[PDB]
Every structure is written in C-alpha cells, then in structure tokens.
Protein chains: 2
Amino acid sequence: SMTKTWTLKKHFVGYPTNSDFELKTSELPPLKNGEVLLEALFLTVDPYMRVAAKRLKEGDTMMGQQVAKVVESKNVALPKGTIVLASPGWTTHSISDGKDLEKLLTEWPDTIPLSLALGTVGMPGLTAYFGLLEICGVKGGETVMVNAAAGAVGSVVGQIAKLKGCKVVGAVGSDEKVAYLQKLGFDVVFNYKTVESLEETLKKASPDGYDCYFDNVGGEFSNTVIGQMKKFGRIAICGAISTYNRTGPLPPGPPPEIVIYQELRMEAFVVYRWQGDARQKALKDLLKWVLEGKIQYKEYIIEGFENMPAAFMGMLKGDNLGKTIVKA
Amino acid sequence: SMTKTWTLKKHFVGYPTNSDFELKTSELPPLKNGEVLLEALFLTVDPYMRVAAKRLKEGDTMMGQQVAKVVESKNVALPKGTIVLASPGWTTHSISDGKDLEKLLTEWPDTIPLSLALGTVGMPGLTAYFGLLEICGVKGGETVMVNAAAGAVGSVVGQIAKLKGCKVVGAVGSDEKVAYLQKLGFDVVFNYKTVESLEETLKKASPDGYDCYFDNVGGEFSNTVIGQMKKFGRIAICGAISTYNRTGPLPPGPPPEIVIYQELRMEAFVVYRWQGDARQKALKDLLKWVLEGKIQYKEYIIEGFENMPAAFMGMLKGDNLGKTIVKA
Ligand SMILES: CN(Cc1cnc2nc(N)nc(N)c2n1)c1ccc(C(=O)N[C@@H](CCC(=O)O)C(=O)O)cc1
Ligand SMILES: CN(Cc1cnc2nc(N)nc(N)c2n1)c1ccc(C(=O)N[C@@H](CCC(=O)O)C(=O)O)cc1
C-alpha cells in the first residue's frame, strides 16, 4: 500500500519551524510471512522528540508512537482488526514483524478514547506513576511541587498525588491551564509566566517547604524550587523542557550550598526502566483510576496527518490544552 | 588562664588573605563546677570553613575542631590528662561543660598520631566512609571518580574503594599529590591543573565511564564527569570546593539531557547524618584499616597556632601534601 511519512529535513535550531519537516510519499513492499501492515489511527507528539531528533540524520523519519490497527496480516497472533501500540515514527502506514508491538490492555473499554493509550493511560501516565511513587517515593501527606502541570505527565502526577493524600502545587504557562487544573483538585495553581515573583508565589503556596519535586522543566525554575525543599527532599528529574530549544548555554546550576545543607536526593529516570509485571500493574492502576473518576483527562485532537508538524510545534509552545494527539 | 583566638576581621573575597584574620588574646573565666579547661594540641583547617565563614559576623571566632587535653578539671568524668575532640573554634584554650565533647575511641593506640582523629580516623574519614559506601553504594567492581583526592576525604575514599575491590580514578592539584595517591593504590591519578583536556584524561582513565562519583569540587569539573557517568551512575555530593573561593557568577548546571538519558542518582550528604552505633562502627572500621595498612595516611603538620591562617590558605590552594593540621 501507500504511506505518508514526516522526515527531518533540517536539524532544529531553537524552536522547530515548518521548513524543518518534509512529507514524503512512498510505496511499501508486500507483506512477508510473519509480518503485518499497520494503519495509524492516532499518533502522538511529545517533548522528548525535540531532544531525540538531534540524534537523527537529516532525511530520517521523526520518531514517535501511535495507536494502529492491523489491516493486512501474515501473522496469526495479530489478525486483521487487532489494535496495537507501535513506534514506526511519524508515518500513516508501516510494516512490522510483530515483535516490536504491544497490544492494549485486554480490559480496555469503549467508554474512553483509544487515544488515551498514548496519554494518561499510556507512557505519559506511566511516567507520572513511577516518577512519583518510586523516584519521589511519596507515602502520604507530602507537599509535592510539579511544574508543566497541565501536560499529560504533570496533570497525572498531581492527581495520583491527591488520591494518595498529598498536597499539590502546580505551575503552568497560561491562565486557561490554571482553571483547568483547579477542576482537577490541585491545592494551588499559578501561571509562572505572569506571577510577579516565583519565589514569593512558591513560599506563599507552601511556607512549610516542599517534600517532593516532580521536575519536567529544569533551568532557573528548578533553582528556585530547590531553595524551598525540605531536608532530605526528593527530586524526580523527568524532563528539562525549558532547555530543549536553547540556543545559548545552560543557566546556572542550583546553589550547591543549599543542596548539601538540605542533603537533597535528585534522581533522573525514563519510563522504560520498568517493564514486565511492574509496567503492566501500573497500566491497570491508571485505567482503574480513570474509570473511577479519580484521574480525569483532556485531549487536544488535531485532524490530519499533514498537520503533525504543526501539532508538534504547538505542543512544545504549550499552546494546546490537554494531550496533543493527531488523528490520521 | 589566658587564650589566643583567631577571628574573622573581614569577609573573604575569593581566596582569603592574611589581612582577613585578626588574632586576639583574652582571659578565660574561672572553672565552674562540672567544667574543664581544654588546651589545644592539634587544630584542623578544612574546606568547609570557607563556606561557613560567610555566615559569621566580623569579629567572630573562626569555627573548627581540635584535639585537646584537659589541663584543669572540676568534672570527675573528664580528669586531668584526658584527650578529647572539641570544637571551640580556632583558639588555644577553652572551657567546656563536657556535653559538647567527644572522647577518642577506647581502643585508640599509641602507635598513631593523635592528629589522625581530625583526619583519616576523624570527620574527613567518616565523610569518605558514609559517602562512598552508603551514598554511592559501591558493591565491588565499580569504577569510582574522586576529586580533591589527596585530602583526607578523597584519600580515604580511594583506599576504601581499593579494599572493597573497585577501580579508582583520582584528580589532584599538584604533581607531588599525584605521586602520593599512586603509592596509596589509586589505579589512575592525574593533575587537573596541567592536563591538556579534562574530558580526554577522564576518558582514558575509564573509557567505559564511571559508576560512582564522589564529588568534593562541583562546577565545571563535575559537568565533565557527569558526561562520562554510566547509566544509573550515582553521585555523592559532598562538597563544591571549586565554588567556595569563586569570584564570578556560578557555572552552568549539568546538561540535563545527559542526566536524564543516563538516569543518574545524585544525593548530597553531611557526615552528621550518621550518629550513634553507625558512626562509632565506622570509626572503628577506619581505625582497623589504618592499623592493618589498608589505609595509609599523610599529615602536613604546621607548627605554631600563629600560623593557622597561613595553614588554612595553603590548604585551600592545594599547597600542602597530606591533611593540614596545626600543632599548637
Ligand atoms: C514514551 N515516553 C517515554 C520516553 C521518555 N523519554 C524518551 N527520551 C528519548 N530520547 N527517547 C524516547 N523514546 C523517550 N521515551 C514518553 C512520552 C511522552 C512523555 C511526555 O512528557 N509527554 C508530554 C506531552 C505533552 C502534550 O502533548 O501536551 C507530557 O508532558 O505529558 C514522556 C515520556
Ligand atoms: C567535620 N566535617 C564535617 C562537616 C562538613 N561540612 C560542614 N559544613 C559546615 N558548614 N559546618 C560544619 N561543621 C561542617 N562539618 C568535615 C571536616 C573536614 C572535611 C574535609 O573535606 N576536609 C578536607 C581537608 C583537606 C586538607 O586538610 O588537606 C579533606 O578533603 O580531607 C569534611 C567534613
């Protein structure tokens, strides 16, 4: 069949632009014995792609995951109609030998969008789950500071915190996202772009300090939060989105004297560290909390594979409310 | 009784200079019931004093620990002749009620200098012990990077690593210190002030990266080490000496894409976190290893209390081979 594919025409300089992407059309070969042909239903765009694109050669397909369905099959374990998670990149059709695929939860109901398998009940949600429960290690009652809180990771971090008995403080970059998070049960939410002083806003948000810091942003924002950590405070380093598009050198590191005196623990992680039983268990817990209403979700769905570069750029700028998903 | 005290005349700018200190003489009050008069035998100078001095008021005594002897006693628990660790600051004589004192290990032998209680078999050695064995969590076979490696901390870090079955790489500030660490069993030792490229020297010392980083220095040196940590590498943040005498703005932080991609664990600590049986067992272990030859030591004894500022400045600049101690 035919397929459309987004490739990296030019390595990004600062924020990506439209000319950095090129759409190519091609004819895929026939299926070989044991292979399947997959048709993309929903594709995701995520901040990590900004970092990962730097390792590609120009002309290479953009990396990324998708929900797809088997439309032709020479693999009896993956008959036509099967829905799978696949990571062929930004492409509408692809061929897989079945080994790099992942079926959805067998209990996946029709009452939630399939696209949540790329979001709250997918890798972003699993990232919040392990970053909070394992890396931060919350037990109950802690005060958690989480930035980029309106994204699919931060929004799930705060809600898992709330249903575990923890106070939550969230930072976002738009008053529109401020209201969205209050509805989700966040104790405090503020717009970091507009607050007069971040240090004063954080101190008022919790004069007692912060036990845990789920950090997606990094940079100067993290230095301010670090100064307000309690002793033995834990920092989960999930991302540094504020530096991914940087043209200049990295900002100053956190004041080492504070870090040592407070004896902070700071561990970075990637969701792929957990597999097997641990990963399956977390997925089921996320699905359960979605059905029970403890974890709400919101999506920004963009129609058209042709608009994937636009969805990626809007997502990086925070212009989209909810998980940015492209519908093929 | 009379005493001499070194005070902070002016807050340091960059490295200290002789004019930043002022020696004073005073008359101590009579011993009340339950008190002792302590005569300093050995006083230590250590890098942390540079940071702590910023919090002092001008005129205040410089902080620090000493090995002292009871020369007059109204406390039956501390008779005349008892050797204690005390922290009255840079002073030759002081009065204590006994609650803030620490007796030496009951098994302390007459075959080692008493000044080791301020070094290898004191707080520097305990910092190396807990930092390496618990914060880094060396298990045997790992490769360890330790800077400020010729100090009492770094020298103990490397030798505990050697006796636990690890490969050890050490950076130092002078050619003379390179030879000393070679004799102690360090696998690789180098002078970071004279190498063409820090990145290349570290690569050659361990082409496959570093499992553990015992960090006393921070700054740019640590950014380079972080770029060569293995996946799940662990960093014990003990000090940030490169920033203590800094004059310019703080250096950039570590590249978070490397920290996240490698999933590094980075925890700061201070030796006071461990007390009681844990601290006492560590001290006995250090004493054992010294008596077995598994931990060699070197001291740079400067004679004269009047030379304590010079000892402190030479120690800060890397001029002294071995733990800097002032003999009263
Ligand atoms: C699949 N996955 C794991 C993950 C993490 N880091 C990686 N890093 C690299 N280099 N490569 C990977 N494949 C990779 N994968 C993900 C996917 C999305 C998000 C994430 O943070 N998504 C945004 C999406 C924001 C939005 O769409 O509005 C969020 O904040 O929820 C994190 C981890
Ligand atoms: C007593 N102690 C614990 C410690 C650590 N940080 C502190 N920081 C502050 N502000 N205050 C303290 N009392 C303090 N104490 C110490 C003492 C010395 C060294 C230390 O690093 N000494 C140098 C001495 C170098 C030399 O003499 O050559 C070394 O590397 O061995 C560390 C911890």
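To find a chain's letter, count down the sequence lines: the first is A, the second B. We number chain A the way the PDB entry does; in order, the residues shown are 2-329. We number chain B the same way the PDB entry does; the residues here are 2-329, in that order. Counting starts at 1 for both ligands and their atoms, following the listed order. Determination method: X-ray crystallography, 2.0 Å. Values below: all heavy atoms of this structure, side chains included; hydrogens, waters and symmetry mates excluded.
- At ligand 1, of valsartan, ralimetinib, methotrexate, iclepertin, bictegravir, the drug present is methotrexate.
- This structure shows the largest set of contacts to methotrexate (ligand 1) coming from the chain UniProt labels Prostaglandin reductase 1.
- Other chains with one or more heavy atoms under 4.0 Å from any atom of methotrexate (ligand 1): A.
- Residues with a heavy atom within 4.0 Å of methotrexate (ligand 1): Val46(A), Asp47(A), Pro48(A), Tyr49(A), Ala53(A), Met124(A), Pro125(A), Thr128(A), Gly152(A), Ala153(A), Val154(A), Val271(A), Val272(A), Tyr273(A), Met316(A), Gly323(A), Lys324(A), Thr325(A).
- Of the N or O atoms in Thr325(A), one or more lie within a sub-3.5 Å distance of an N or O in methotrexate (ligand 1).
- Here the protein heavy atom with the shortest distance to atom 2 (N) of methotrexate (ligand 1) is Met124(A) CB, 3.6 Å.
- Remark: minimum distance from atom 28 (O) of methotrexate (ligand 1) to any protein heavy atom is reached at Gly323(A) O, 3.4 Å.
- Looking at atom 10 (N) of methotrexate (ligand 1), its nearest protein heavy atom turns out to be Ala53(A) CB, 4.0 Å.
- Among protein heavy atoms, the minimum distance from atom 23 (C) of methotrexate (ligand 1) is reached at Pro48(A) CD, 3.3 Å.
- Within 4.0 Å of methotrexate (ligand 1), counting heavy atoms, one finds these UniProt NADP(+)-binding residues of chain A: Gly152(A), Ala153(A), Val154(A), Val271(A), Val272(A).
- Looking at atom 15 (N) of methotrexate (ligand 1), its nearest protein heavy atom turns out to be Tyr273(A) OH, 2.8 Å.
- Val154(A) CG2, 3.2 Å is the protein heavy atom nearest to atom 21 (O) of methotrexate (ligand 1).
- When only non-hydrogen protein atoms are considered, atom 32 (C) of methotrexate (ligand 1) lies nearest to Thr128(A) OG1, 4.0 Å.
- In terms of polar-atom proximity, defined here as any N/O pair under 3.5 Å, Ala153(A) does make such a contact with methotrexate (ligand 1).
- At the shortest separation from atom 5 (C) of methotrexate (ligand 1) among protein heavy atoms lies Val271(A) CG1, 3.8 Å.
- Geometrically, methotrexate (ligand 1) and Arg56(A) share no nitrogen or oxygen pair separated by less than 3.5 Å.
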